[PDB]
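Below is one structure, written out as structure tokens, with a few remarks after it.
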Protein chains: 2
Amino acid sequence: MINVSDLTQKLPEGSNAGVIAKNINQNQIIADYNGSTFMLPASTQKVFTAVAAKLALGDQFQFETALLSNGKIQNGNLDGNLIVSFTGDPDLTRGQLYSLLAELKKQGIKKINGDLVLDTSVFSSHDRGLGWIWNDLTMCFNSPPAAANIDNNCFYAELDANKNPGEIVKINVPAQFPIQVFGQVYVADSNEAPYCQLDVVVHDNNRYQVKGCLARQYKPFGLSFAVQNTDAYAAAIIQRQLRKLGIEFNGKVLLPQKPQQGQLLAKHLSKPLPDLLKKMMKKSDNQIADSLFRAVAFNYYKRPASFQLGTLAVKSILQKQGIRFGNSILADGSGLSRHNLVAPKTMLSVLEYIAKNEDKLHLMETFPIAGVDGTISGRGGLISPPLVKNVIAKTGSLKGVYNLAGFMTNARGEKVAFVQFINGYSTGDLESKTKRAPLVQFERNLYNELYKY
Amino acid sequence: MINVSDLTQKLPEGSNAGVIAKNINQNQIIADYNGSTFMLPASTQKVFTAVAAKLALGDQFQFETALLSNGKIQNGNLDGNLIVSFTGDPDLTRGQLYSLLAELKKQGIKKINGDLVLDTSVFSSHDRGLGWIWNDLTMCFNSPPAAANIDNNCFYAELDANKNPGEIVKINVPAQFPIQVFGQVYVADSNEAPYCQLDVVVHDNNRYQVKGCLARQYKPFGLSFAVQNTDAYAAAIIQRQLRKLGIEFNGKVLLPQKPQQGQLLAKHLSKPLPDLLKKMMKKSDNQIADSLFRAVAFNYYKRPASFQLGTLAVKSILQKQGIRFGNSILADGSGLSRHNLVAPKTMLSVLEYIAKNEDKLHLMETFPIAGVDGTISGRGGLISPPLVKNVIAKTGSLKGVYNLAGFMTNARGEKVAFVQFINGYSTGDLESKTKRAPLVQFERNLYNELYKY
Ligand SMILES: *C(=O)[C@@H](NC(=O)[C@H](N)c1ccccc1)[C@@H]1N[C@@H](C(=O)O)C(C)(C)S1
Ligand SMILES: *C(=O)[C@@H](NC(=O)[C@H](N)c1ccccc1)[C@@H]1N[C@@H](C(=O)O)C(C)(C)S1
């Protein structure tokens, strides 16, 4: 086998690598180093979700966002509640929801007599996985994969930090966002400036308290944040849209937990599963992965879906196909949880199942391609021949973690599946951009060795 | 050296162990397996904090909780504001605060004419470490180590779920706590129950919503909750205590966020450092660790202390004594953060520092003693001869993590220091009772080899 031990000499001191690789044609393991150690898979976890979704949802699967009502239309009035049904569409734009509501106009509803009711019942319990880190929850990459999801459940604020030390930075929220940003951030001089933290503390109803400081900067810029209460956000946006459409409403917003009985007025459908999976796999969209993860449970068990139900469903589905998990922990579909524990060999068995069943699953085309697209279009260790345009791989990255899982063609045109998990990688401290050079060098050498072996 | 690698065969598949030990009398390393690999130390991290606290705070250090004003007292009136200064005391009880406020009434004050002003300026930025897991933040073990801390910033509620399927569980909060617990949790039948989640959602101002369902219970279901807004909680306690003391107050509660000057009326002192360190080390008190961590930085740098300053101070203080951290990540004093990264050998160098300076530090007596006290009085791997009454060790545990760091006497009467980090330990799914038999056997074997080597 490849001497993976010698290769990890170039990784930073303290790090730990789990590396396993198999020549599928020869049915031979050609690298095996901590292949059985549980590690943090980060976003390589999305491979499991991709397979489960293919199998339990199918290529015709679409997320539906619907408008329903129990009552009768007449005189331009909807004589009852407007029910808005959200099922976790992670790719729903504000533009789409608007056209959806526009459908009420087209049917001559001039005004709604009753209350606005949101049906988010297909998801159950929290909209965050267990073991997610609290301070990342305001970052847009970590926006909640909730039933209601509008423009990725992210917003930005406009900041102007062009000021002398001690002065207050100006923060405005653009008029489209029903959010508050409150508190005060000051400009720090270049001394204290390397120390700066911007603190964001969440309060109810999408009110974000900022504190701390920032280094002077000349030009305005935007900071993005995740929406926290996605039901209030969604309801506030629908009410503004109804006004814009000139449909009249003066009811309250209700948020029941149970499916809402009704007559269907209109429906919007997302792109189907193959397009969602491709964006999830190429760009590594956390929210698509966690929505599919629970959509899989919802459809598979026919009951409202918690992340725990997602875990049960994904394992049960892949187990049906011969995959064995032992005591792996799969707390989410995106890989964000710090409780996830998976060994390289388990990820590898899934990659083999993917390559074996490619005629059916067509998942190979979803993987980023070295030097070409997705999250590895510029990956340093992969950017030269013989690896460029040859290595395809799902990436996973968290603080301390640099992973790759996928396939390549060796110098004999045989296929090699491989999993690389690197954890404990640290070359400065909390809030030091990480020196990636030893990683570029490890990966360049590793994939060349698997190429020639 | 000891063949640690064979001994890990008894640990669950997937787990990883970092073990290192030294015979101090011979100065020989006798076990060294993954000794340089960064791992999660969990509460063994508190060893670093004990040493930094001894060096920078000293045995006379006590936390101060104080009452100040600028008005003068005339004719039974405090003619200005009551300032209550909190500095992070992690062992302040509401009875102690009550006796402190009683002192006003011994100085003749029976009415306060102004406002209640809290000064919590000694600590700054969040009261939570970065990399803490969001869903544990409502649990009493994860109560915020804030400036204001009353009864461990934890309270108790009871759910009476001894009722039929379909009924709403009754929530009872004892009346001493100025908090609200509300929601509709229902009792689920035997069929639905395995799918239930009992959730809590935190709302502004210490309002807790419980949601979900649970199986019929056949005793009272206790909830133990962390206080989320510690300033509001403290101000509410103060106002009820003032009332109960017959001191009239009708002013506002102000939280200015900067140091508040005034004349000192009365000062409550905690128990001194050696008592705080003994409780932190014997029992593993998370709040005393994170309190001391930031008190250390406040006193060492003389400026409001965040967790980042805590990290800088602890490293700087120990670096002076010859400890080298390289690229370790210490995000807190308690080890709760999932970003913490430290190698067995760095912890061992601190243990050696501890044994070498025992005549001045007196920290040896703060470690738990196998089969005798603290968190290893009943630790199954250590409770037989020759380990019982001989091994002393600080424990660390999180989901997946089972650590010891401490000392023992071997068969020759020489002192051995050791560090055992186990991560990736999984014997079932997330919410499962973990199986400890593999841990008991691995530890019984490892400490026996270290005894015999
Ligand atoms: C999977 O690993 C995901 N990672 C994250 O969301 C991290 N929390 C993160 C790391 C760095 C920057 C922003 C978020 C997604 N996958 C990553 C990857 O494929 O390498 C990502 C950085 C593109 S986000
Ligand atoms: C340090 O390791 C601390 N651990 C925790 O607070 C964990 N979050 C936890 C694990 C299990 C149950 C409750 C909390 C403290 N140290 C532990 C130890 O010494 O083993 C602890 C369980 C006593 S709490």
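A note on names: the letters A, B, ... follow the listed sequences, proteins ahead of strands, and every chain is numbered from 1. What you see below is based on every heavy atom in this structure, not just the backbone, and it leaves out hydrogens, waters and symmetry mates. Every number for a ligand or one of its atoms is a count from 1 in the order of the listing. We read in the header that X-ray crystallography, 2.0 Å was used to get this structure.
- Here, the chain sharing the greatest number of close atom pairs with ligand 2 is referred to in the PDB entry as Penicillin-binding protein 4.
- According to the PDB, the drug at ligand 2 is ampicillin (open form).
- Taking 4.0 Å as the heavy-atom limit, the other chains contacting ampicillin (open form, ligand 2) are B.
- The model tethers ampicillin (open form, ligand 2) through a covalent bond to B/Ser43 OG.
- It turns out that no other ligands or ions are under 4.0 Å from ampicillin (open form, ligand 2).
- Remark: ampicillin (open form, ligand 2) atoms within the under-4.0 Å shell around heavy atoms of B/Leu336 are 5 (C), 6 (O), 8 (N).
- Closest heavy-atom approach to atom 9 (C) of ampicillin (open form, ligand 2) among the candidates B/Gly400, B/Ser334, B/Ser397: B/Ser397.
- Here the protein heavy atom with the shortest distance to atom 19 (O) of ampicillin (open form, ligand 2) is B/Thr395 OG1, 2.4 Å.
- Residues with a heavy atom within 4.0 Å of ampicillin (open form, ligand 2): B/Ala42, B/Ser43, B/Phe141, B/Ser284, B/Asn286, B/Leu336, B/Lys394, B/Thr395, B/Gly396, B/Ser397, B/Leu398.
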